[PDB]
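In what follows, chains are A, B, ... by sequence order, proteins preceding strands, each numbered from 1. The basis for the numbers below is simple: all heavy atoms, side chains too, and nothing from hydrogens, waters or symmetry mates. Shown: partial entry. Contacts: counted within the shown part. Whatever order the structure lists them in is the order used to number ligands and atoms, beginning at 1.
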Amino acid sequence: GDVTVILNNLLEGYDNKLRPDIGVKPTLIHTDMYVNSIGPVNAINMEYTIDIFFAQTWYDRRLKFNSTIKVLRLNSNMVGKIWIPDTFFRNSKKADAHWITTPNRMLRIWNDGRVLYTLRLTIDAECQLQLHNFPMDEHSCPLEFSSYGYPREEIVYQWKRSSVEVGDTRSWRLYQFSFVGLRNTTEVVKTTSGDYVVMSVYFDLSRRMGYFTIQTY
Amino acid sequence: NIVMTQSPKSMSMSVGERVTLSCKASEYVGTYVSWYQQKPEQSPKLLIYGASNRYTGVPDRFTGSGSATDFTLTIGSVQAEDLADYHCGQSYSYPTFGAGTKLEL
Amino acid sequence: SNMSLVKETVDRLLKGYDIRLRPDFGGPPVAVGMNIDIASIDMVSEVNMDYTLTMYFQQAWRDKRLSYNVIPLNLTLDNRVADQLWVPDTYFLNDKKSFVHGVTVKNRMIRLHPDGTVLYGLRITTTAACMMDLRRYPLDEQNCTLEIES
Amino acid sequence: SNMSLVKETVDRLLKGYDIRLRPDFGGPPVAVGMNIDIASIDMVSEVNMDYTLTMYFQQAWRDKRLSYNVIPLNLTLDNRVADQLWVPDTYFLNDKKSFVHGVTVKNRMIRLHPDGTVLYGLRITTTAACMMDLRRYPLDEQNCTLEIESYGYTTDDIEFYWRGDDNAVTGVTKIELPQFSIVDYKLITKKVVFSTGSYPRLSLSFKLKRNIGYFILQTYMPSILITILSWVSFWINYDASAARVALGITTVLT
Amino acid sequence: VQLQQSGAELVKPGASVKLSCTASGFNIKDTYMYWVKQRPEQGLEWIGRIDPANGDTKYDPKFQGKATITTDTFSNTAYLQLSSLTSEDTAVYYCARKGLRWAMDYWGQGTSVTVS
Amino acid sequence: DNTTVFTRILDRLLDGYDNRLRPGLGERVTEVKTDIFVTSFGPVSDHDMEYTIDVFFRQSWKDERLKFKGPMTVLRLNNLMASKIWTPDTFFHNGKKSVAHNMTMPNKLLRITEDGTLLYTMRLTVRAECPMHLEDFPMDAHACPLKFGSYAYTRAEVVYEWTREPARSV
Amino acid sequence: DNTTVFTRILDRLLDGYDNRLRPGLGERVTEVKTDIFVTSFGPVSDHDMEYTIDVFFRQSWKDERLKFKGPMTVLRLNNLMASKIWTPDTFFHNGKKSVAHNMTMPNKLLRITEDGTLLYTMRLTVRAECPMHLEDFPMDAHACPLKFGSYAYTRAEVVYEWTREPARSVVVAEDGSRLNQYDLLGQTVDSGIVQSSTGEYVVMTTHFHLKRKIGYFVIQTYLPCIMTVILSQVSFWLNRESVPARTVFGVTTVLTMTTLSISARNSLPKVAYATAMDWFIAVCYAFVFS
Amino acid sequence: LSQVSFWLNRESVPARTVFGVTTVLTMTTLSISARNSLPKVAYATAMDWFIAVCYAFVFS
Ligand SMILES: *[C@@H]1O[C@H](CO)[C@@H](O[C@@H]2O[C@H](CO)[C@@H](O[C@@H]3O[C@H](CO[C@H]4O[C@H](CO[C@H]5O[C@H](CO)[C@@H](O)[C@H](O)[C@@H]5O[C@H]5O[C@H](CO)[C@@H](O)[C@H](O)[C@@H]5O)[C@@H](O)[C@H](O[C@H]5O[C@H](CO)[C@@H](O)[C@H](O)[C@@H]5O)[C@@H]4O)[C@@H](O)[C@H](O[C@H]4O[C@H](CO)[C@@H](O)[C@H](O)[C@@H]4O[C@H]4O[C@H](CO)[C@@H](O)[C@H](O)[C@@H]4O[C@H]4O[C@H](CO)[C@@H](O)[C@H](O)[C@@H]4O)[C@@H]3O)[C@H](O)[C@H]2NC(C)=O)[C@H](O)[C@H]1NC(C)=O
Ligand SMILES: *[C@@H]1O[C@H](CO)[C@@H](O[C@@H]2O[C@H](CO)[C@@H](O[C@@H]3O[C@H](CO[C@H]4O[C@H](CO)[C@@H](O)[C@H](O)[C@@H]4O)[C@@H](O)[C@H](O[C@H]4O[C@H](CO)[C@@H](O)[C@H](O)[C@@H]4O)[C@@H]3O)[C@H](O)[C@H]2NC(C)=O)[C@H](O)[C@H]1NC(C)=O
Ligand SMILES: *[C@@H]1O[C@H](CO)[C@@H](O[C@@H]2O[C@H](CO)[C@@H](O[C@@H]3O[C@H](CO[C@H]4O[C@H](CO)[C@@H](O)[C@H](O)[C@@H]4O)[C@@H](O)[C@H](O[C@H]4O[C@H](CO)[C@@H](O)[C@H](O)[C@@H]4O)[C@@H]3O)[C@H](O)[C@H]2NC(C)=O)[C@H](O)[C@H]1NC(C)=O
Ligand SMILES: *[C@@H]1O[C@H](CO)[C@@H](O[C@@H]2O[C@H](CO)[C@@H](O)[C@H](O)[C@H]2NC(C)=O)[C@H](O)[C@H]1NC(C)=O
Ligand SMILES: *[C@@H]1O[C@H](CO)[C@@H](O[C@@H]2O[C@H](CO)[C@@H](O)[C@H](O)[C@H]2NC(C)=O)[C@H](O)[C@H]1NC(C)=O
Ligand SMILES: *[C@@H]1O[C@H](CO)[C@@H](O[C@@H]2O[C@H](CO)[C@@H](O)[C@H](O)[C@H]2NC(C)=O)[C@H](O)[C@H]1NC(C)=O
Ligand SMILES: Cc1ccccc1-n1c(C)nc2ccccc2c1=O
Ligand SMILES: Cc1ccccc1-n1c(C)nc2ccccc2c1=O
């Protein structure tokens, strides 16, 4: 009833081509990652698969309303009508969202204009495996993401306190390797376009020498 | 070029009979040969295009056939107004014409 | 407010813009500058006589229609406006199969500058054909290439 | 001008056209006739248990809304107008992956008739599932089919039939499979019952007999010759151990 | 639908001749225009070809240089400029239009050219 | 001319209708009744620890905003009407790469009853992870799961129930 | 404001334009001039009986509704103008799967002349079906066809014609050869008519004549077979008092022949007849057995 | 086949040597092939134990 009125008022006179705070200060985005599973690690292509839920939250003063409703809980219908950060994964050979039965996307807008935006992703992340000491080889290779077109002056990413959460690890598809831990990191990289804030998550994998023993030794 | 050997050089046949003109192509020309009827002191008139396709206004007795290097034009039941020269030409490449074939009675 | 200024500037720039005409449609040619940052070369295959590379393909040109002088900052816009602006029809002649990465959004950038300079980047993966002379294989040297053309 | 007349007629036909509603929405079911011209059956796979066929899939029905009488001839319209008309929601129950060819444009045909008949055509490639019983492989005869059914319209909304009822499918005799030979095909009309209702179904079946010459060349003759070789051992004096054991072991391993 | 050629003309050996072929009922830019030579009691001979929309020309190898073919899109006419005429250039010159699978469907009445 | 009356009914149904809001948002929990008909249980891939399954996925919920009164008790509507109304955003928790078929048209179905009850079915091929424990291989038995639920809606907003007895709902 | 006048021209050009109707819908037959430039002749898949080809497909026709007058004689327009006008719906009859490339933009081209002539060029890759007869394999030659024409427009409505002399209308680039195992001897074109169940359609045909190169099969099959035959016959010169040695010779030669026979077929499709290579291998096996 | 070697007389040394060698090579090839069909799990299956015991019998 009156949630339709709130939504219509939010979108009227709204330009989703412009990031919030276009000419004031960089947009700060807090990122969370839930790792459903770390897929097979094929050394032939030097890549590994990972399925995650990727949450992003930021402030948009244009999405500010006053009502008894404190949070607007929406599906993917309205995702394309507001400004969304153009986050991409830098070391990904290929990746895809999920679209069955509908786009696996979520949008929540709070009273004060805070926006939460979550989507489900499967990623084939490139990492170069130095295969010295194989099959007694241990690797810790990353998953990096940043904004494509917004330099550090425009978008800054920030890990939350409990940003990266893993599941059980018992149902994962790691055969040659065992997950032993992870860590997050931030830095700035220089490119022909400008300086970009680059966020990194490192997964520590140690090969388990049980298949190759009975297969070769 | 492509040489179109047209035979016979000449032919006579009475009124009412069936005749078959033949045209031989040196190389391959596909179905790109046309037949022309040239009455005395007149310009040629297209009869058959493609290889078997009667041009508009062409009676139904004229009919062409053939593909590749071998082609033929059969005039079934020739009349008295079918006395003329008959040229075969290929348009697969830059056009070349056969030497011609004169039709008497 | 600077937000209102930017909004009105962009609205004015996009009003009456004819995407069907290149910049300087009747005048001299528009000069497009090319930049390439090669992220990786993935699979040099002798069987398929090709290879796969991923690159940040960037193009730059002047478009006097998209010029503004009311604000002093370079306007990075949401990459959906690329569908409303003229961009060059660059293609790779020898590529067998290519795509622009699309996670989490279409990986392309569009940046305007006050003097009209547009900056248009794309993250592209191309499988490019490369005929390999294997007479001296495996003691061979291969010369592949990417052909960029309008 | 004639073209302006046609443009006015088509703009009239498409004004007020409700694409949500099938022809005769509240009335008798709309009858739809099916034609197939089979262009090829590409790759009958035993490992994937499925074959690929390419065909020209034609559908015909009548829509009284799309009836015109000012123009005397049949209007062939640009295929993109099919997005603005009602078409049946036909689908193939057993297909795994399929597409409409899209070069140079989408390979679909729309052709109207003054009485309102619509001829709708598609060039489709379906990878239909083909469960095969290999108990007699390679002396086996396989029977897999293509099931054509309407997804959303029950049997009281839509009716399927074969236009011709014996010539609705053409091109079967011209199909050349390297490993099989089309021995027989049949057309069937059924009604299938689901929990959501009962739906019209058409089945096109093929009876494939597998050619054996390849297998004679590949696996049967070599083993026969290897057995003859094995028998050669009995002509060698039984004082020689290395020779006969060599024969036997080599034959087993081969 | 109609191709009108210039009337006959007598010239002297070594001179030059510029024949004319006026197209009525169609635009020469839409098709190729052909020039064919017929000596008495002989077969037809392709002289050359022109594409009026582009202006490019192709000639028979045994006529290259001797003949020049040009058009005028404005007047819808084609020209054949013969040079260095010899006694063997006496023939009837035809102007033809390409159409329907390169069949030379329409022909001009022909110009009788004789050199004394 | 039933065409015009039914067009009017549909236009009135879609007038002032907001598909961004679930039915009964203000004062209710949306209850979606689900049902699966497996047309083919595809091959199991040991190497990828996954299996393929083709299903008719049926969902049913009540939308009071879609009540109508006309000559027909049920509107067997086209598959494109569904885009204009709110539908549940069900997804497969352990799905890897699923496809919705649109040959020759979207393999979807929408039936609106006069009381506002909706039926919504779609044809899918689902590829799902089946974690296998190969200690007894090749004498091993497995239970391959298929978990689905609502993205973006918590149990306080959308709940799922089987349309028939649970033992007869798949 | 040259852009403004050109925008006004384009807007006047598309005003009251129905791209659903072909030019000369009820009063004339549309004639589409066609031209193909082959930038590369992809590999030939013997197993699948198909071949890949990359081309520039050029189509030109006359649309009288698009006449204009301005400071230009041609309008070189962005390829999204083609979607706003009528274009022919050409398709490849024996095409298995083709792709119209659109990186980084739709690889398309549209030139409008002031008299209303259009030039419409596309870059596209075609996988086409090439039926093969392997009775003379590996010494066989084939003519792989490429057939295209109009979908949904019969001979009475749209006809196709080569833009230039038929013998010059299909041009292959000098360096554009991706053939590993074959040799492209030349190309041939033709035009014809096919009667379908929906009417009579014009079809344009191209034939590419390919000769297989025997070298690979010489080195990989013929030399091993001749060598094994020679090795089997070398056992004759051994002394008769060495039974194990001659037995080993015979058995190992037979095993090598069996391995070679299994290997040879693996490259060819599973045809139901014997090729020349099959006869050669059979005779070599017969000699070893003898 | 490996156990058949016990019935050959003690004088036919190369015969029994060939039996043993070829049986061991066959067992190794079978082990590789049977491990090919499976995911590269890090533990041993029942088939692995059966193959190992057969390999042990041939070696013995
Ligand atoms: C060269 O050519 C290539 C081929 O042409 C070309 O690739 C094509 O690119 C375009 C542009 O990116 C793609 O079109 C987009 O597709 C997005 C979805 O992408 C995923 O899904 C598609 C299939 O899409 C179907 O399914 C989704 C969800 O299931 C639907 O949303 C779609 O409409 C569509 O549904 C139809 O088909 C279904 C069957 O599949 C039917 O069941 C259904 O009923 C419909 O009939 C896949 O193909 C994609 O895979 C490909 O792309 C990925 C990219 O990573 C690759 O990895 C992969 O390998 C494949 O290549 C992918 O999986 C759409 O979301 C998108 O449409 C939205 O955006 C546009 C622009 O913003 C809007 O105009 C549009 O309206 C949509 O926005 C609405 O919906 C979103 C939903 O989230 C809302 O958020 C948004 O707010 C908005 O809502 C509004 O409208 C709604 C109605 O639409 C309404 O409900 C709301 O209430 C509100 O009003 C766009 O269509 C196209 O798929 C590609 N095709 C292929 C084959 O890849 C390539 O780019 C070209 N290259 C170059 C350089 O040019
Ligand atoms: C390849 O594989 C497919 C799939 O199995 C086969 O398709 C089957 O084809 C047969 C005949 O070709 C079908 O059998 C037909 O059923 C019809 C409907 O049956 C009704 O009536 C019977 C009693 O007669 C009831 O038991 C049944 O429930 C239905 O109520 C019959 O009408 C058909 O004709 C019968 O009756 C007439 C009466 O005049 C007799 O003349 C006939 O001889 C016959 O007795 C026929 O019986 C069968 O249904 C199809 N399968 C399926 C699943 O539907 C292909 O045949 C097979 N081969 C090839 C080459 O494709
Ligand atoms: C699975 O199968 C279904 C069944 O066909 C497909 O659904 C079709 O999808 C196409 C692609 O989006 C739809 O075509 C679209 O039509 C839209 C509206 O067209 C009407 O309305 C506009 C006014 O807005 C009129 O101009 C027009 O004349 C029509 O009356 C357009 O919005 C779309 O245009 C888009 O692309 C064009 C390309 O030139 C651009 O010009 C536009 O800017 C825009 O980007 C498009 O034309 C079609 O309508 C759908 N079917 C039905 C029945 O509606 C699915 O797409 C398919 N899915 C997959 C993954 O294959
Ligand atoms: C993930 O990133 C966050 C933010 O950088 C890290 O949080 C810090 O953790 C250290 C302990 O290692 C504390 O001393 C800091 O106070 C934390 N900062 C904030 C802002 O919370 C976190 O450590 C990272 N996770 C790792 C390294 O596993
Ligand atoms: C907007 O972008 C321009 C360049 O696109 C910036 O000016 C250039 O900055 C680079 C890097 O410092 C210099 O090497 C160039 O010499 C500068 N000038 C030109 C013409 O490229 C400019 O600073 C940017 N504006 C803002 C506010 O950052
Ligand atoms: C429009 O299509 C119909 C259907 O093919 C044509 O009617 C056919 O006409 C031919 C020759 O006149 C007859 O042999 C067929 O029997 C007719 N078919 C039917 C179903 O009656 C009709 O002629 C076409 N329109 C025009 C103007 O030709
Ligand atoms: C799948 C999963 C695993 C561990 C923890 C949480 C979830 N999980 C679930 C169970 N449901 C969701 C619904 C909407 C958006 C995200 C989630 C989600 O991440
Ligand atoms: C050894 C070698 C290298 C390249 C090409 C062919 C061969 N080659 C030869 C030369 N002789 C054989 C005899 C029997 C079985 C196999 C081969 C073989 O492979």
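The name given to the drug at ligand 7 is methaqualone. Taking the chain with most contacts, the partner of methaqualone (ligand 7) here is, per UniProt, Gamma-aminobutyric acid receptor subunit gamma-2. Other chains having non-hydrogen atoms less than 4.0 Å from methaqualone (ligand 7): A, F.
For methaqualone (ligand 7), the residues with heavy atoms nearer than 4.0 Å are A:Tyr34, A:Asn36, A:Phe53, F:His93, F:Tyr151, F:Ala152. According to the deposit, the name of chain F is Gamma-aminobutyric acid receptor subunit alpha-1.
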